[PDB]
Amino acid sequence: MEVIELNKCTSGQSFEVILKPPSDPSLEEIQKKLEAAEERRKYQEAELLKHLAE
Amino acid sequence: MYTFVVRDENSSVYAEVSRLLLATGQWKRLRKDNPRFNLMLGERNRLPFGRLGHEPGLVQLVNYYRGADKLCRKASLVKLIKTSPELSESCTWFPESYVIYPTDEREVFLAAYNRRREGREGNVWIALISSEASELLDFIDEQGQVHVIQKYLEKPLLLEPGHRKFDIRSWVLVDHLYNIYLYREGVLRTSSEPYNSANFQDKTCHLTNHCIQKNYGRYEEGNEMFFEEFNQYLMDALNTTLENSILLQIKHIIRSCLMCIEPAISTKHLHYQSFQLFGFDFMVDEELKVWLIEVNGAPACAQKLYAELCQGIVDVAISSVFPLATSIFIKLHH
Amino acid sequence: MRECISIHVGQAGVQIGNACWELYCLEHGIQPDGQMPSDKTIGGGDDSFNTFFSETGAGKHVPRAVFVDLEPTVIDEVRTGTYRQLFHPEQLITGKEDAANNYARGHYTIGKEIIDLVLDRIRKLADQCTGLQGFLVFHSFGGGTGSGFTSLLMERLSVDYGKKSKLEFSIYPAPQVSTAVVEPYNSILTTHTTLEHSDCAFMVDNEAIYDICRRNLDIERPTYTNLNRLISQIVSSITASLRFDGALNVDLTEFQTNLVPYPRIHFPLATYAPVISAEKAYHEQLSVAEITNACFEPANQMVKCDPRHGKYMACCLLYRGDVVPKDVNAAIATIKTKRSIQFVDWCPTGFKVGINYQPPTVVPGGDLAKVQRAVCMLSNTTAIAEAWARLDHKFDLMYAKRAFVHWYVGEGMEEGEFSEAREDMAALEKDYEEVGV
Amino acid sequence: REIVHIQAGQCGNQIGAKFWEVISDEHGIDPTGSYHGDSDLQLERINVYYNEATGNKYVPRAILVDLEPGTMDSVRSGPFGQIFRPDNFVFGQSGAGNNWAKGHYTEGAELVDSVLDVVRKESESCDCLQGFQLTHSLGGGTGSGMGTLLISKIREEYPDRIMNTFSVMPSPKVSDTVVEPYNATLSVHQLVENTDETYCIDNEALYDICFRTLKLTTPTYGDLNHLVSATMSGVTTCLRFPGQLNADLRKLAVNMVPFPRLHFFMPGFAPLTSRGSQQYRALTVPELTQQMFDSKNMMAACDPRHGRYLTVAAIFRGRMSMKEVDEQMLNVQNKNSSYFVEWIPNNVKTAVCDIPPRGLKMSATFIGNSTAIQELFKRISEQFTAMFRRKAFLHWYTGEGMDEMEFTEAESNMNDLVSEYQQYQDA
Ligand SMILES: Nc1nc2c(ncn2[C@@H]2O[C@H](COP(=O)(O)OP(=O)(O)OP(=O)(O)O)[C@@H](O)[C@H]2O)c(=O)[nH]1
Ligand SMILES: Nc1ncnc2c1ncn2[C@@H]1O[C@H](COP(=O)(O)OP(=O)(O)CP(=O)(O)O)[C@@H](O)[C@H]1O
Ligand SMILES: Nc1nc2c(ncn2[C@@H]2O[C@H](COP(=O)(O)OP(=O)(O)O)[C@@H](O)[C@H]2O)c(=O)[nH]1
Ligand SMILES: CC(C)(C)c1[nH]cnc1/C=c1\[nH]c(=O)/c(=C/c2ccccc2)[nH]c1=O
Ligand SMILES: [Ca+2]
Ligand SMILES: [Mg+2]
Ligand SMILES: [Mg+2]
């Protein structure tokens, strides 16, 4: 019903119609997570080469 | 070869449906959590509609209409009727009702309660049945959950011989095309004990539930009078017929309620499909005027009619979608 | 004028990016060689289209885009594509071996050795900006690169660009067009990691786009080319406000304002109409009322769900073509009385309309027909939670048996991160519930 | 993404040579090594299995291994015998004598380092090696004993590379010696640990196919290998030919192996054809889908109805409606969804290649990861236990320095593998 904030131009126009009213991790921490997972890989790859050494 | 699942074991109705399907040799039953189904005889609570119609290369169907609960809950039904312009405040076939929350339209209920007292007319109500507003509100707040206060029908039609109260149950099936099918066979769930106008304390003649009644089996087998008898009684006792005096109003109420919520629950253009069996309960007064009491989304049928109804559900609601290699229903056109 | 940088991660993101930038060039009249004859301000400027394009002294208009993949295959097709002269090599970044549909491999293992390179190439574009708004990120939930490396990148952008907004264009996984079975894992994992870093994300279910191509374009077996060209139309409608003159959604911050009241619930449902086959003859042109009414048909949505059983928090109508406010309001008045459009009590039941007199541009030789008027509705409804429910259910089924989990643990990830990411999704589903019912 | 092929032993080289003979025809490469095709699709992904030589010749990235010069001399004198690089012919003289111990510990240990030098030389020439593939039998000594020895050492030097294998399982129906269950059990223990994907090619199945289906009264190893080469050509199609598919060995392994130890797949192929006998009628899509799922087409003597599919991969070849394929594939699933685990959603993926194999207008290759494969391992276990309970023929191994404990361990590990398949068959 109520049309408001009608803005016009050459490209087109825009408006709002209301029908009814109402009723972060740091760079340190990030690097600490990426490297921690890398150690878990290095440990897994170590236990493999240890197992293969046996 | 179509496939289906069962996720409601207590369903006396769809236990017979599944039985019938397996007996065709063209329907196979899968496990509960097998998503690769064609049909879903789902549960009553927390039915996962959101996971339906996403299996590639599988037409899916469910025996429940999402959003139909707004019609099948007393608190919701009253709101639906009072707020819908199609039904409106002045709905002729729905008793005067109000929603009450335990400590809302409490002040609105008292305003009408006064006109009944300052008019010296019938002021009996039901949630227990009482004539005093104080005894009722105290009862609701002592239970815990939300209750609805409804105007009690003090002058009901009474069967004879017996001076007996009763209520009419109509089973309605809405298929995937939203065709409204009324089962031709209904039932009068009757009170075996005579109706007492004065004493409301005795709830064995005011309430006509099949469980409470179980004078059981005196007049008819199991306090259940079918249509061929009740029709005959009307002709002999009141010189009228069930079709004219009552059933037109019934078919009007059924047609009205489902037309109202159609744009909300219709699966016409959805990625999954829905049908559902409903159970409309009515109440006739002495002047042969049908009143709607409520609607059941998960109704149980009568023993005699299980064989015929459950077959009908398979024929029109299931086999219509999944075809295989006179009618028992009345189509309420709209 | 404030600039915007587009980031395309993985196969899906890159190829979709190609579809969008292909379309953007046609809309702004830019040629494959980067020349824009209509641009009378040679060498630079600060027009609306300069948000997505920067200008050289030679008069070339280059996208402010960075393509990244952990594999050379897809991006190489951009290097040798028809718009090869459009970009410059530093914008196109490729690795050696991909993430093999593994989130952990794309995030931790392979993501770690290239994240610094990407952020540097991104920084090169950021230095050419007088006032950077933020970023538009294109990726897939299913891919290891699109999921794993995206989440890692989004984390770093929030650090290196704290004041900048970040919008997502995500491809929700669909079994019909994916050969990956571990997509539910990657999807939950990348969402959990990116949720606090994304201001507004537009999900696009391939299932929906697939059927829309089958149903309305009469294509038996839609290809990614068919999907992307349709997706690029939607994306274009959403970003047109940034690339053209107007007053609605002129900045990325305004997307958050107009569509996202609650931060965590920042997944607006997009609906687009009309989609007409280019091979179809005797097509009757649909009116304002007919296309606006089609914005409330589930069969036109980017994600298949039922808004009727959900509550709205916001709603924008983005028209393109021959449309006037009078016809819109008359269409809204009709629809409001014939449909179930419930808003939350703490929001006004209304629509923010934006009209652009230029009709939608279609790729020559494409599947889409030229129409007189088109519309793209952006509505933030709780009914989109159905997409999360489907995704979390598939996750629970596989994870209950720890299937495929060893692939992720083998890349340094911890099994606890699975349950942690799932718990966050469980909390998200509840947030939709509270607002919904 | 290049692949290094290795073939060990009599069976491995006979099957391996047959494989190169087939795909060399598909890529339009002649026995000399010169390309003579018509489609660029034959050269877009030829780098995967071929190295580009000086005079524009294409040399297979293959390494031929054996502890006796017998078979490898038959290869070099064979049809495509000249295409192989001569430096890649690594061979001993003593042989393995169908002894796993000789191939893995004594005789093979003398030669294994010589092989790795060739592997290393091939790998260093790869722009981006995606993995290895091995062809061998498990009932012999070289391909079984030395084959698993190579795998163990390749993983040591290439821990982050995919290792696949085409393993021929022994069977009493097609048997060379009685100690085949011993060699097989010892090898399986190695394959469970050091391979990403093992394709169990049961000689029992290959025989029954030749006998019952192909109607061959007395099938030779040539008959058996025709079925193998056709299958091998199939499972390598998605890498050797381009079409709009972007997956390397790792990506495929990720979507086929839900659990590390359970990576033993059932090969399948349709239509099943015998050598020479040209078929004139091309099968329909419904016919390809029905046959490739039929037990009669499984190249691992296992009943898929006795187990459940963890993951399924099918690749159709030829000009056909991809829609009809999707319909027929989805039809099989929805008809027999009980034989697919419900806790891995959409575990049946499918692809289509426009280029059909030689002699067929269209075909389909089946790659099934079923728990029914345990029937194969149980079969080998019974044959193993029957002899080992009396310590029969064990002196052939203890004479090579082996102990009884190593047999008990290999026995136990395979029984553990069986129990694992049984765990997910009831889940
Ligand atoms: N709409 C659309 N979806 C795509 C496209 N390409 C891939 N996808 C989807 O992306 C998902 C898999 O992720 P990909 O983009 O292929 O993989 P990636 O992002 O390159 O990461 P990697 O696995 O490491 O290669 C699948 O579910 C596909 O449906 C595309 O061009 N258009
Ligand atoms: N307004 C009213 N006036 C008169 N009787 C009423 C009434 N509301 C309910 N009743 C009586 O109450 C009995 C049961 O009430 P109601 O149907 O609301 O409970 P219920 O719904 O839990 C049983 P069902 O779900 O099976 O129909 C009916 O037999 C009817 O006789
Ligand atoms: N299909 C097939 N199987 C073979 C062939 N030769 C041997 N085998 C099988 O392999 C086992 C013998 O192994 P063999 O290859 O001779 O051992 P090796 O040469 O010393 O490594 C037996 O169980 C045979 O069934 C062959 O040419 N084709
Ligand atoms: C989608 C499709 C059909 C390509 C697929 N999805 C999962 N697996 C495959 C196929 C294969 N998957 C494999 O793992 C595979 C292994 C392989 C490939 C080349 C050489 C040796 C083994 N070969 C395949 O063809
Ligand atoms: Ca300019
Ligand atoms: Mg990729
Ligand atoms: Mg031999």
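In what follows, chains carry the letters A, B, and so on, assigned in the order in which the sequence lines appear, proteins first and then strands, with residues in each chain numbered from 1. As a textbook-style caveat: the illustration shows part of the entry, and contacts are counted within that part alone. In what follows, every heavy atom counts, from backbone to side chain, and hydrogens, waters and symmetry copies are set aside. Whatever order the structure lists ligands and atoms in, that order sets their numbers, starting from 1. So this one's X-ray crystallography, 2.6 Å, going by the header.
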Notebook entry, point to check: By the naming in the PDB entry, what macromolecule does ligand 4 touch most in this deposit?
Noted result: Tubulin beta
Notebook entry, point to check: What is the PDB name of the drug at ligand 4?
Noted result: plinabulin
Checklist line | Heavy-atom contacts of plinabulin under 4.0 Å: other chains | finding: C, D
Checklist line | Numbered atoms and elements of plinabulin in range of D/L249, under 4.0 angstrom, heavy atoms | finding: 17 (C), 18 (C), 19 (C)
Note to self: Can you name the atoms of plinabulin, numbered from 1 with element, that are less than 4.0 Å from a heavy atom of D/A314?
What the structure shows: 3 (C)
Note to self: Any heavy atom of D/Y49 closer to plinabulin than 4.0 angstrom?
What the structure shows: yes
Next item on the list: Can you sort out which atoms of plinabulin are near D/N164, meaning under 4.0 Å from one of its heavy atoms?
Entry: 16 (C), 17 (C), 21 (C), 22 (C)
Checklist line | Proximity winner for atom 16 (C) of plinabulin, if only heavy atoms of D/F316, D/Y199, D/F166 are counted | finding: D/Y199
Next item on the list: Please identify which atoms of plinabulin are closer than 4.0 Å to at least one heavy atom of D/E197.
Entry: 13 (C), 14 (O), 16 (C)
Next item on the list: Decide whether an N or O pair under 3.5 Å exists between D/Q133 and plinabulin.
Entry: no
Item checked: Per-residue contact class, D/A247 against plinabulin - non-hydrogen pairs under 4.0 Å -> neither
Note to self: Quick check: D/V235 and plinabulin, any N/O pair under 3.5 Å apart?
What the structure shows: yes
Notebook entry, point to check: What atoms of plinabulin come within less than 4.0 Å of a heavy atom belonging to C/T179?
Noted result: 1 (C)
Notebook entry, point to check: With a 4.0 Å cut-off on heavy atoms, does D/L245 reach plinabulin?
Noted result: no
Next item on the list: Please state whether D/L239 comes within less than 4.0 angstrom of plinabulin, counting heavy atoms only.
Entry: yes
Notebook entry, point to check: For plinabulin, which part of D/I3 has a heavy atom less than 4.0 Å away: the side chain, the backbone, both, or neither?
Noted result: neither
Notebook entry, point to check: What does this entry list chain C as?
Noted result: Tubulin alpha
Margin query: Which of the numbered atoms in plinabulin are under 4.0 angstrom from any heavy atom belonging to D/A351?
Written below: 3 (C)
Note to self: I need the residues around plinabulin for my notes - heavy atoms within 4.0 Å, please.
What the structure shows: C/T179, D/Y49, D/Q133, D/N164, D/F166, D/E197, D/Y199, D/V235, D/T236, D/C238, D/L239, D/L249, D/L252, D/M256, D/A313, D/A314, D/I315, D/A351, D/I367
Quick one: plinabulin N/O to protein N/O pairs below 3.5 Å?
from       : atom 1 : to     : atom 2 : distance (Å)
plinabulin : 14 (O) : D/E197 : OE1    : 2.8
plinabulin : 14 (O) : D/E197 : OE2    : 3.3
plinabulin : 23 (N) : D/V235 : O      : 2.9
plinabulin : 25 (O) : D/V235 : O      : 3.2

